[PDB]
Amino acid sequence: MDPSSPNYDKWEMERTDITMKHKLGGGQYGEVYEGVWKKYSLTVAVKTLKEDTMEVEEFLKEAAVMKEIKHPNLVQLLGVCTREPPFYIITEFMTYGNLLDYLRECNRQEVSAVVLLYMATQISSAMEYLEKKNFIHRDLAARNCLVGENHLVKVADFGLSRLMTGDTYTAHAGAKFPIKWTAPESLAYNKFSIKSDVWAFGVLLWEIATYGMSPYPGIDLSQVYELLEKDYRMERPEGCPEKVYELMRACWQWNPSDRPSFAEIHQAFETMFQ
Ligand SMILES: Cc1ccc(NC(=O)c2ccc(CN3CCN(C)CC3)cc2)cc1Nc1nccc(-c2cccnc2)n1
Ligand SMILES: [Cl-]
Ligand SMILES: [Cl-]
Ligand SMILES: [Cl-]
Ligand SMILES: [Cl-]
């Protein structure tokens with residue numbers, strides 16, 4: 001917009017510059033469309049807001065939040081169109097889609113053990129950065145990660161709460177939570193911190209080591225807490241290095257203060273990967 005204007009925002013861009021297309025992922029992400037940033041012949045993802053919905057306040061808050069973060073392993077904000085409806089939030093488009101489906105559909109000969117370790121290392125790096133900035137993710141899981149070229153992985157947040165139609169998210173006082181990725185303190189006291197993100201990261205590592213399997217297979221949601229309290233934890237996935245599993249259990253300590261920090265988790269992975 002206008003550089004001299006009192007309301008100048010470098011991120012605001014021209015709605016006309018983007019060629020809007022079909023909805024991304026057959027609708028799995030919601031009101032997110034594939035687009036073409038003409039000026040650069042660049043394919044992008046454009047999240048928008050339904051036909052004037054009572055969520056503008058939340059939408060704009062997301063946009064503001066994204067303008068505050070930047071890291072090679074966090075989906076990159078490219079611009080916004082929150083001056084006049086329909087509101088837009090544009091980020092890069094990741095060629096191979098979300099990590100969950102990527103892991104389930106990949107060439108396992110290509111996506112070997114070293115590659116899995118590499119993917120977990122990139123994710124821990126992004127979280128280490130959010131930790132540093134005192135930000136909290138709240139919904140860390142393979143489904144919220146994107147895969148680019150050369151196994152580049154980036155953490156995102158698609159606000160899947162009401163989008164998912166499966167048993168991943170379950171109701172709780174007008175809100176939905178992915179019970180199998182939620183820390184005990186979060187299920188019991190609605191307390192979310194970077195430590196509950198670390199617990200969720202533990203589950204994510206499990207998803208990665210199993211090439212995308214569902215957590216606590218077979219166990220019904222209503223008994224998960226009790227079991228975690230009884231000190232039950234997921235077994236070491238087949239082929240999962242001892243060191244990585246050791247990391248998993250540390251993330252699953254009942255007491256959050258006893259869980260390693262992402263700084264420690266990442267430092268550990270670097271050592272390993274090398
Ligand atoms: C178009 C868009 C708009 C917004 C976002 N937002 C985020 O990804 C995100 C990540 C981290 C935070 C940080 N925030 C801190 C506070 N806590 C509570 C929540 C998280 C916020 C938003 C992503 C996108 N990108 C996006 N969205 C859906 C699908 C895809 C997609 C799908 C397939 C291939 N390529 C891209 N890409
Ligand atoms: Cl500026
Ligand atoms: Cl996807
Ligand atoms: Cl936050
Ligand atoms: Cl890409």
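Each residue takes its place number in the sequence, starting with 1. For ligands, and for the atoms within them, numbers begin at 1 and follow the listed sequence. Header entry for method reads X-ray crystallography, 2.1 Å.
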**Student:** What drug shows up at ligand 1?
**Tutor:**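 The PDB calls it imatinib.
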**Student:** Per the PDB entry, what is the name of the chain that shares the largest number of close contacts with imatinib?
**Tutor:**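 The main partner is proto-oncogene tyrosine-protein kinase ABL.
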**Student:** Using a cut-off of 4.0 Å, enumerate the other ligands and ions near imatinib.
**Tutor:**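 I find ligand 3 (chloride ion), ligand 4 (chloride ion).
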**Student:** Do me a favour and list the nearest non-hydrogen protein atom to atom 34 (C) of imatinib with residue, atom name and distance?
**Tutor:**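 The answer is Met94 O, 3.0 Å.
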**Student:** Taking heavy atoms and a distance under 4.0 Å, where does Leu24 meet imatinib: side chain, backbone, both or neither?
**Tutor:**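 Side chain only.
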**Student:** Okay, covalent or not for imatinib? And if covalent, which residue and atom?
**Tutor:**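 Here, no covalent bond links imatinib to a chain.
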**Student:** Please work out, at 4.0 Å between heavy atoms, whether the side chain, the backbone, both, or neither of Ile89 comes within that distance of imatinib.
**Tutor:**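 It is both backbone and side chain that touch imatinib.
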**Student:** Can you tell which part of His137 has a heavy atom less than 4.0 Å from imatinib: side chain, backbone, both or neither?
**Tutor:**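 For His137, the contact with imatinib is made by the backbone alone.
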**Student:** Most contacts to imatinib come from which UniProt domain of chain A?
**Tutor:**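 For imatinib, the UniProt domain is Protein kinase.
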**Student:** By smallest heavy-atom separation, which active-site residue listed in UniProt for chain A is closest to imatinib, and how many Å (rounded to 1 Å)?
**Tutor:**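 Closest UniProt active-site residue (heavy-atom distance): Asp139, 6 Å.
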**Student:** I'd love to know which of the UniProt ATP-binding residues in chain A sit under 4.0 Å from imatinib, measured heavy atom to heavy atom.
**Tutor:**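 Of the UniProt binders, a heavy atom is that close in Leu24, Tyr29, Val32, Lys47, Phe93, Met94, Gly97.
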**Student:** Which atoms of imatinib sit under 4.0 Å from any heavy atom of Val75?
**Tutor:**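 Atoms satisfying the 4.0 Å criterion: 7 (C), 8 (O).
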**Student:** What residues end up in the site of imatinib at 4.0 Å, going by heavy-atom distances?
**Tutor:**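 Heavy-atom contacts: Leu24, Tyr29, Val32, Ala45, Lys47, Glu62, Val65, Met66, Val75, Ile89, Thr91, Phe93, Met94, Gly97, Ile136, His137, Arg138, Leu146, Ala156, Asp157, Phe158.
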